[PDB]
J.: 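I came across a structure with actinomycin D and want to understand it better.
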Amino acid sequence: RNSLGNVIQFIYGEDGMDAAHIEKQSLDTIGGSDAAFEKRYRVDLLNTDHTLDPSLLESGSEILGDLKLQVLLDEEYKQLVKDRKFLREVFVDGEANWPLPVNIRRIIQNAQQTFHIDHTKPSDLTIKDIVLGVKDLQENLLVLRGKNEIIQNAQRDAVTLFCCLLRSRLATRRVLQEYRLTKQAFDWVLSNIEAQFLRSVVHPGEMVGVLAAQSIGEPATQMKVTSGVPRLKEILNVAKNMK
Amino acid sequence: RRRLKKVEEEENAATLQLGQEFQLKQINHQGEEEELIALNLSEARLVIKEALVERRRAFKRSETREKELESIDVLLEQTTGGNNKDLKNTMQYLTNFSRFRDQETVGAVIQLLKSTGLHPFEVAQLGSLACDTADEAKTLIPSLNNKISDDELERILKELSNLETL
Amino acid sequence: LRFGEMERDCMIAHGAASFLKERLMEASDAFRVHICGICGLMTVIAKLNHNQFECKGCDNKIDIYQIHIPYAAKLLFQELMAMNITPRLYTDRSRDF
Amino acid sequence: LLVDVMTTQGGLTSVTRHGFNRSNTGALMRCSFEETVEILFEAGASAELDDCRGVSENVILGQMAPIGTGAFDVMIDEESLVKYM
Amino acid sequence: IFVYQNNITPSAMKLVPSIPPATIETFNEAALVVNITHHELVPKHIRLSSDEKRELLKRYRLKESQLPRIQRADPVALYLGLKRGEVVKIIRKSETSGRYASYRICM
Amino acid sequence: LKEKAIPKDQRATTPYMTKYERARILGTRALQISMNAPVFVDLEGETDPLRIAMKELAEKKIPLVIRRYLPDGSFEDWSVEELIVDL
Amino acid sequence: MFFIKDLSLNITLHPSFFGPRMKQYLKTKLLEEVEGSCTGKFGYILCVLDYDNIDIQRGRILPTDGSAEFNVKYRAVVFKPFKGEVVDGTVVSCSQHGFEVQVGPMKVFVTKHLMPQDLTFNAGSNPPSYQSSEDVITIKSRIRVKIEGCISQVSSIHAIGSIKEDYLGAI
Amino acid sequence: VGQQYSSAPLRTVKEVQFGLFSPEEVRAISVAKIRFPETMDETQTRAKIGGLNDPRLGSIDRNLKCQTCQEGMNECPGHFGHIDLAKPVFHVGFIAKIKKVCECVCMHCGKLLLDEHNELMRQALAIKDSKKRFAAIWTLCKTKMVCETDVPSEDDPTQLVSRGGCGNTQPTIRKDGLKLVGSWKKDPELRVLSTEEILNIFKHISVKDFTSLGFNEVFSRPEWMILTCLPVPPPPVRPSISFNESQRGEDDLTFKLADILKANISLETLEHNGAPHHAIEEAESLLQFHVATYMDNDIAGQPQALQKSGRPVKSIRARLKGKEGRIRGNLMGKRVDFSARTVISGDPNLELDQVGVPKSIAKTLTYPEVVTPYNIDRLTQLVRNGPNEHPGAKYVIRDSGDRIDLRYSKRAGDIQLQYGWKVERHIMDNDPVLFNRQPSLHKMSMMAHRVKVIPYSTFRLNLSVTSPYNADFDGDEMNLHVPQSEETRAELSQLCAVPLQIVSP
Amino acid sequence: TXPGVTXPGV
Amino acid sequence: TXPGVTXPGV
DNA sequence: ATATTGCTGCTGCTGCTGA
RNA sequence: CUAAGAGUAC
DNA sequence: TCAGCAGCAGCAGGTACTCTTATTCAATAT
Ligand SMILES: [Mg+2]
Ligand SMILES: [Zn+2]
Ligand SMILES: [Zn+2]
Ligand SMILES: [Zn+2]
């Protein structure tokens, strides 16, 4: 808001994130082919077309043929397909590298280097544990603390793209096969993701107007169709007639 | 508003112009509004006594006119220190010209005046001045003109005279 | 040294309010002035030696406040008054936000 | 944020004395940009009231602007202070 | 809604505002060849009911004037038939978050 | 002020102390220590008021409260005790 | 007349005084400041009511100063004279120009213009007093007076009253 | 000593209420009436009573106190006077507004031309912004040239309702210089509208009428746009900065006020003695010109009122406007103390957040440290060392306000420090200091460093930190600001520190 | 405009 | 108009 | 003999018969 | 004091 | 129910910082 109290943006940067806490990351669901997508995420316990190696996890020889777990996998993969469709609608060019607050890849590498993942012992995790932990972490990423329908909807809309990133990285197949997290390593990863997200939220009292003005002016000092300072002057001074 | 300079009507009790800060309704410290409770002399004296004895107790945890004067002077010197010549004079005045004695009679007077249902300033004036007759009361307090019936006014002043005990 | 406009803007961007206030007041020019309560003008005769405060024109002696403003601000207000403009300073809100 | 400020009034508001500076945002902070004396005269004639919420108003008055560290009030709690000892 | 070929004579433009609550809106066919709301630059506009506006102002502690403004001549405002005081919710595809919802009050 | 004060049971602000709040709390406490205010923590030989206030904040012995002002004029009172200093 | 009223006072405390007894210090400093005071806004202020628990509120630190400003609210008993009101009092002094009557903490001056014609001043009567053909008003005499004038000073409210009216005088 | 104790309550300004001075308020606040243009009496050694330097307005000499408040030049704000004008004159900043208002209001009966009966006046008056409502009222009522004593009924345009109109023809009003000329359409009659009749017709505007035009009933009525009493600023506003070491040199405002007084006296004498209307009008025009050029000397078209020395007169408006005027040159940005500036050199042996400070600069700049039981010994030692050697103290600020200068204080002997005193001492190592390079285009050009005292004449900084500053070592100069309190020091270290700015937003 | 950037006009 | 803001007209 | 005075940027209205 | 000129780092 | 035209006039100008040089006449009257 400005001095009069008029709303400029209903949430800062349309995400409520401090700019210094943003890093470029890749959305893995938006890219790739359909066959590559299914090979990456689709897991089917009932059939052998997309079954998982029982050596991946301790219960892999016992969960085979389960029904409730298959329901969880079905809803997870349906959510992932929905996320792919949403991201392809959002980004027409298909660009996957975008700035987002929390760097998941470094957290996964830290967990791998900290707990000494041997990559041979069958994983202690259970599929239900992974799915429910990700679902709860989605709910623990709070930007708005209000307790009414308007604020709840705004909060849900403010973290949708980071939630898409989180589902893209912390998928069941990816956790069990590519990264081979253990139980404790997965819990540690969840805790750090939550803490870093809560640490990347913008601080009230920030003078974002002066920051934006300086962050636009300084590159201009560092500086067919007109461009550069004359074009910036033509834009800021809304001129009826331009070159 | 925030008028530069200020014009207001002059204070006049006979006209019932108490003042801008002595209006009928006052906002209490709890956020709601209350009637401006106008204490008569006896009720005000009892309130002063209650406040002083409560202050004495709180500091502790952390009748003939001669002996009442001695009690008020001793408790006053025990409770408060300097800049109390005003308070000393007020307290000796209160014990000198006192109309009622204790809690019972002042409660009876206040409930009677509530039954009269008159202005708090006017009921305080009625309780303060020990009048005798009707027209005498009406001329002592100009605000009494045609507010309560003659029979009711006469009887209530009769119970003021009766409850004027000791 | 001149503490220019854009230096003040950088310090605003940092969020350092108290440092900016100290730069503009305690380091350059801090001046205490007495103002009336009925009117916002600085037309208050304040005899500090005798502990007397009187605003001629409002006929008051009990509703006076003191403020700390830059001397340049006092000069600006006096120049506005000399140019037939009244910059009344009030220390309470007459309107809700 | 820049393009949101420029279009928040329903039209394209330029960054010029004929654009943003013409809003009803406070006489003291409007005069600090350009056309100082004319703004003061118009505020005097129209009897504008300045709420002193802007940065420029408190800068002129030499008082802590309600920005950054000034965006809140620090207060002493008697009960907590007794509670510590 | 009235649709005309070229123009309306001012002698009829003056009587276009009829007895309330009947409102006459005039459109040109040339302006209606292309549906502007299908442009990708144009985000989604949803008119709010009175109760929704009241809830919006209550939850955000806003006054009427503290909302962003949309003119009562904006092409989408004419398209949706906004009257003054009515608030449109604007759903946008943000690039920092997937979805962003703004609000604009008609003026 | 009764209307302005949001009741404690329905505060809707972040439970984390902001950088500006922490900076002002440290500055205020160091200024008070420099002016001979009583210290609520045991000193291990430190003499700098700023680091004394930092030690007080580390173990939450600062008896101050932040009055966070909402844009409409309402406020919420958050004690330094209950604010989580994650930064 | 006597009332009790809601009042508020701003007290500033230095940083060195924020010990565990801060509430006690504030409660004591409300006294000795407004107890037994005299203002034109509220007349006299004799005592504070409800001293058991005085509402002290939080206390805001003045920035760059460190001192804290408390807005303490309380009940105070007050005595405000009013023009056009009748009150009892005790005659304490007399003179050619009039006589002074003690009422509570204040003195009310009744001028010679506001006594009946036969109630002339006389220095022959001891003490020099305002005497009529039926009664004499000397020192230490009860009297009812109707107040008609008030001028306010910081240290002493001054009042002018009258005893000409019917049934006004010695009871 | 600064300013001594005052019993008045201390508050902060919450709201600024603008408006216009009423003549009676000007006469009420004034402490003196100014009637003589001479600043000094015939002896040329005192301030003339009733002149422009009346002692009641404030003292012009340090050795003498103000005659009104009995305070020195340090304390006295200055008190206004007033000049009672012989005839009303226009305010130069309100001539256009006066023209619009008199064009919106009947020039005979003082009522707005189009009442609520007109169709478009409901729309115009329903505008809540005061400035937009006036624009609409003007652009709809400028074209009407009759008071319309009878108007069609609002219910239906069949029967006629008679309002309080006077039925007179309004003129077409233009401005010819500083005067408004009205050409009445022939019932043309061209004549100059006297400010007397304009003032009279403004004073007859009803409260409802001018409150719909944007004016306020209390703070700015339209008739206050006409000047009848000039407020005279005190000598603090217009000081006599005599630099000839003997000859007083007066401010431009003093000369303009003397000219206004001369013209006022001339007009008064001409009116009293009786004269042809031509001379009276000429004197009135001269008075109007002098007042207008006093408030604003940059009037378009008219020639500038040249000063004595032949240069243009600096008016109040010129004093206020500009990059070097009050607002932009003394309030938004001002010169400050406790600052240093010098050439910068690189140092690979300094940490990223360190800055090397020349020893002499460290000896000049000081920090005031409050004496505390925790730092009594080292502060005492610094006081013993004195100001001529580093580290040491330059001043001792006592609680009474007296300031012991450590130079010339060794004669008095050792000083015993008391808790609560201040030692104003040289900046030592590890002091947070703000550090700036003047073409400051973003926040990272004003980061905070830690002091490291070095034995040479250049500021020394790490090579890596030169990129955010955009600073080379080909002769660049940089500035240093020292915080003077614990709060500013703390927030400067906790918000603006160099490491906290490594990643930029 | 201004000057700079008179008025307009004047 | 004026000029500025001839006449009208001329 | 000494002091006073004579390149860049805009803004707005008036008026019908004829054919 | 004002005015003017030569500059230094951007 | 619609086709054709005109008039005018106004200056300053990015942020800090250093240094030097010169500064309005003549005549009348007390
Ligand atoms: Mg360089
Ligand atoms: Zn006043
Ligand atoms: Zn003075
Ligand atoms: Zn008329």
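Residue numbers begin at 1 in each chain, while the letters A, B, ... track the order of the sequences. Going by what the header records, the deposited coordinates were determined by electron microscopy, 2.6 Å. FYI, non-standard residues read as parent or X, and their leftover atoms are not counted in contacts. Cropped entry; intra-crop contacts only.
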J.: Help me out: which ligand numbers or chain letters belong to actinomycin D?
T.: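 It's found at chains I and J.
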J.: Which chain forms the largest contact interface with actinomycin D (chain J) when counted as heavy-atom pairs under 4.5 Å, and how does the PDB entry name it?
T.: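 The chief partner is NTS(non-template strand).
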J.: Which other chains have one or more heavy atoms under 4.5 Å from any atom of actinomycin D (chain J)?
T.: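 Chains with a heavy atom under 4.5 Å: K, M.
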J.: Tell me, what does this PDB entry call DNA chain M?
T.: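 Per the PDB entry: TS(template strand).
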